[PDB]
Amino acid sequence: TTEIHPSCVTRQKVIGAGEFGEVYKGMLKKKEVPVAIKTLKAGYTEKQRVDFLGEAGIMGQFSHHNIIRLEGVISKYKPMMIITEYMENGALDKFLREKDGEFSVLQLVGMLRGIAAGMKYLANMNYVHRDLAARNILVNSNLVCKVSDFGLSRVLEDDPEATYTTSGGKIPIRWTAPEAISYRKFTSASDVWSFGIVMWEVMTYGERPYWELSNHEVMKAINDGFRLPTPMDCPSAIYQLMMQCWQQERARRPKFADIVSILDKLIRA
Ligand SMILES: COc1cc2c(Oc3ccc(NC(=O)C4(C(=O)Nc5ccc(F)cc5)CC4)cc3F)ccnc2cc1OCCCN1CCOCC1
């Protein structure tokens, strides 16, 4: 994992903030390159500093067009920084809502193909995402979609003195396959279930899955056999692909390799 020299980075503008810390737009110096810069909140524990840097090391392993690129880290000075390629259009779910109705079906299917190609790469690396959702897909100015994991599932509001703490990150119920909710059996096939949910987010221009249902209401519906309905102006072939992703038996779900091929074929026809 590349350590970046602080003289090569300038922070220009905060573009997001929370209890993790902040995200900035900045430049990385060759002509300079725009970057996102994620910082660590002041007062982190040694566990948080190690985890923060450990996540950057995980991201640095990947090298794919449809996976957010890590330029490097600043770990030797404060504030510590994770420095990534900049994605002009931000998160996909927000982007689609801002662009409601403004894309052709072919363009939306192209976004899904890019996400699937990133996931196929992750699957071939034996990496299970566990939080595949449009909020974790980033969009650049050319509308290229790239897989990321900011780590929202691993922010914990546990009291530092609590008797009971969350172990192993929280799970996004509306995005998670049934065998992963029940038995914590997370695999690429449970990611494929999540991909089907992303397909529905995309074809609805960012509707919240099951929005009228509580989390328990969602798990009951799925267990009763309910599946998200066909969005208006969703082609039949795309909805069939969604339904295959949502097969109760994980062995019957397509592989990300298959999804990429299926989407490629539709795009050429
Ligand atoms: C808040 O706004 C933005 C945040 C961005 C961003 O943030 C991050 C996302 C993920 C990570 N990931 C990580 O820190 C990690 C990760 O992703 N690991 C990982 C794990 C698995 C995997 F497959 C890939 C990556 C943990 C390391 C780090 C980030 F800093 C990265 C790139 N571009 C961004 C653009 C943003 O707005 C652009 C302007 C949008 N406008 C729209 C219109 O309204 C105004 C705003």
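Here chain A follows the PDB entry, giving residues 605-633, 638-877 in order. Hydrogens, waters and symmetry mates play no part in the numbers below; they use all other heavy atoms, side chains included. Recorded method for this deposit: X-ray crystallography, 1.8 Å. Every number for a ligand or one of its atoms is a count from 1 in the order of the listing.
The molecule at ligand 1 is the drug foretinib.
The largest share of close contacts with foretinib comes from the chain named in UniProt as Ephrin type-A receptor 2. Not a single heavy atom of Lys702 sits under 4.0 Å from any atom of foretinib. Residue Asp757 places at least one N or O, backbone or side chain, under 3.5 Å from an N or O of foretinib. Contact annotation: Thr692 has at least one heavy atom less than 4.0 Å from an atom of foretinib. A heavy-atom separation below 4.0 Å is found between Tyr735 and foretinib. For chain A, the active-site residue flagged by UniProt that comes closest to foretinib, at the heavy-atom distance given to 1 Å, is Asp739, 9 Å. UniProt ATP-binding residues of chain A with a heavy atom under 4.0 Å from foretinib: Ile619, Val627, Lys646. Of the listed residues (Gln669, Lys629, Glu663), the one carrying the non-hydrogen atom nearest atom 27 (C) of foretinib is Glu663. Between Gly620 and foretinib, no pair of N/O atoms sits closer than 3.5 Å. Regarding atom 35 (C) of foretinib, its nearest protein heavy-atom neighbour is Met695 O, 3.2 Å. Of the N or O atoms in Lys646, one or more lie within a sub-3.5 Å distance of an N or O in foretinib. The nearest protein heavy atom to atom 46 (C) of foretinib is not closer than 4.0 Å. Interface atoms of foretinib facing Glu693, defined by a heavy-atom separation under 4.0 Å, are 32 (C). With respect to atom 5 (C) of foretinib, the closest heavy atom belonging to the protein is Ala644 CB, 4.0 Å. Of all the atoms in foretinib, the ones that sit under 4.0 Å from a non-hydrogen atom of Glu696 are 38 (C), 39 (C), 40 (C). Most residues around foretinib in chain A come from the UniProt domain Protein kinase. Applying a heavy-atom cut-off of 4.0 Å to foretinib picks out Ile619, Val627, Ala644, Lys646, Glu663, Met667, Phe670, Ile675, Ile676, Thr692, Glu693, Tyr694, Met695, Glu696, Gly698, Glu706, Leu730, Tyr735, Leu746, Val755, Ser756, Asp757, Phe758.
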